[PDB]
A.B. asks: 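I have a structure here, written as structure tokens, and I will follow up with some questions on it.
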Amino acid sequence: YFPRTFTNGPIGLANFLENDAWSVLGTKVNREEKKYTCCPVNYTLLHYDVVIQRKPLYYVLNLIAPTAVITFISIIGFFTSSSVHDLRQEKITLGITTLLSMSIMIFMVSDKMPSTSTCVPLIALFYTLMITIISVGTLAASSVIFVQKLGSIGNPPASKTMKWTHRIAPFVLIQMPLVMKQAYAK
Amino acid sequence: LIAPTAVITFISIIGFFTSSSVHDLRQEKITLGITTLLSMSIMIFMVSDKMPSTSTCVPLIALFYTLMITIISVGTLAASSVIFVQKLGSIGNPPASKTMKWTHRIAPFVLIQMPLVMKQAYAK
Amino acid sequence: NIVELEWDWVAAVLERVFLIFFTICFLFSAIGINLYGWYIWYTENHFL
Ligand SMILES: C[C@](C#N)(COc1cc(C#N)ccc1C(F)(F)F)NC(=O)c1ccc(SC(F)(F)F)cc1
Ligand SMILES: C[C@](C#N)(COc1cc(C#N)ccc1C(F)(F)F)NC(=O)c1ccc(SC(F)(F)F)cc1
Ligand SMILES: *[C@@H]1O[C@H](CO)[C@@H](O[C@@H]2O[C@H](CO)[C@@H](O)[C@H](O)[C@H]2NC(C)=O)[C@H](O)[C@H]1NC(C)=O
């Protein structure tokens, strides 16, 4: 067996119809002689290689954009409150609903892939970070409620946190409420 | 594919910018936005299974869904900025300086009128 | 408490402005996209 190549390369592309999802980067052909245990004589094999590159815009829009928007919005909900001197509501329900939707998206996307264990795709790392931010963000929001609850349990006030808290206060654009200023003067 | 999404988007808009009182703290609308956003994602996945999955063009329906998503997501942030503005009353007592003349002129055009308690405070 | 009332008033007017702004944006987006699409569809069969 011998190969017959074209002007553009081993595989002709003069009549090729472009694919909407893949690009043909190039083609290769190799002629190799091989021995097999079933026969005392060699065999002649022709190897044709096609290199194809995916067009990513479709998958970025459909698999990454929707998840990023939801994750960004939920972050604001975790660390936002309507008042400074009022008890906060638990954000566990907000985290659970966001977490459960991402699980459905993972199952939907997982149906489009080989289901191999050899590698961890790039998109898998993106989803893992989104899950970690939401799950860890839920615990961080609950720790804010924990710190506020220390005021009721006894009256040991903050000892050294108050100087650190005041210096950080201007850099993160938050200012003291009027009642706290009145209490300090009193 | 279009009618069900428009009805949900329109209803959610009213919920973002409606309140039962003027002088009470507002509830966050993040949960309302998240639930609406997550449903549209399922709708997008369902519709996406009926299409070639090409990358050459952006269909007419894709632009419609993008606008619906943007309105809900940007509308959720606009509703949170209303809570931010109201919270300025508690943080110190710097009152509005020049906003109050502009706020009074716009007030009649958008059909909203002052509550009685606010009018009583002004007279006091 | 008057300072709180004044900032309550500003927020009440502002969210009323948001309601009007986002209602027109929705109407022009839903109606505009579909009306444009129908226009393209109508000219194809009827003239081309
Ligand atoms: C969508 C999917 C992808 N990619 C599919 O899976 C794979 C597919 C292929 C192929 N070929 C190779 C490896 C994997 C896996 F499974 F190694 F990722 N899976 C995820 O994206 C994912 C992410 C985090 C979590 S664990 C959490 F708790 F959610 F963080 C679970 C699933
Ligand atoms: C339903 C679907 C359509 N049309 C299918 O996709 C496509 C299909 C074809 C074909 N043939 C060509 C292009 C696209 C894409 F993907 F370019 F649009 N996709 C959407 O409608 C969409 C909208 C916004 C977002 S991103 C958000 F954050 F939601 F705004 C993601 C998906
Ligand atoms: C049959 O196939 C074998 C595959 O190994 C060929 O072995 C090559 O022999 C040449 C010398 O004739 C060496 O220069 C190459 O290095 C060998 N191959 C490799 C991979 O090293 C063999 O030549 C072929 N033809 C026969 C055996 O008649």
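Chain letters run A, B, ... following the sequence lines, proteins first, then strands; residues in each count from 1. In listed order, ligands and their atoms are each counted from 1. So how was this one determined? The header says electron microscopy, 2.6 Å. Only a slice of the deposited entry appears, and the contacts counted are all within that slice.
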A.B. asks: I'm looking at ligand 2, any idea what drug that is?
C.D. replies: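 That drug is monepantel.
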A.B. asks: Which chain forms the chief contact surface with monepantel (ligand 2), and what is its name in UniProt?
C.D. replies: Betaine receptor acr-23
A.B. asks: Within the structure, which other chains come under 4.0 Å from monepantel (ligand 2) at some heavy atom?
C.D. replies: A, B
A.B. asks: From the options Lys50(B), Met43(B), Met40(B), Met51(B), select the one whose nearest heavy atom is closest to atom 3 (C) of monepantel (ligand 2).
C.D. replies: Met51(B)
A.B. asks: Using heavy-atom distances, let me know which of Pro52(B), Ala68(A), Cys57(B) sits nearest atom 12 (C) of monepantel (ligand 2).
C.D. replies: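 It is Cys57(B) whose heavy atom sits nearest to atom 12 (C) of monepantel (ligand 2).
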A.B. asks: How close does the nearest protein non-hydrogen atom get to atom 9 (C) of monepantel (ligand 2), and which residue and atom is it?
C.D. replies: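 Result: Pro59(B) CG, 3.8 Å.
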A.B. asks: Any idea which atoms of monepantel (ligand 2) are less than 4.0 Å away from a heavy-atom of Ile69(B)?
C.D. replies: 29 (F), 30 (F)
A.B. asks: Given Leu61(A), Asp49(B), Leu63(B), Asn62(A), which one has a non-hydrogen atom that is nearest to atom 16 (F) of monepantel (ligand 2)?
C.D. replies: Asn62(A)
A.B. asks: Please could you name the atoms of monepantel (ligand 2) that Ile61(B) approaches to less than 4.0 Å, counting only its heavy atoms?
C.D. replies: 4 (N)
A.B. asks: Which other-chain residues or nucleotides lie under 4.0 Å from monepantel (ligand 2), by heavy-atom distance only?
C.D. replies: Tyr58(A), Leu61(A), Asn62(A), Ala65(A), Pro66(A), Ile44(B), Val47(B), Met51(B), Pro52(B), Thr54(B), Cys57(B), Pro59(B), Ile61(B), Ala62(B), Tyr65(B), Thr66(B), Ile69(B)
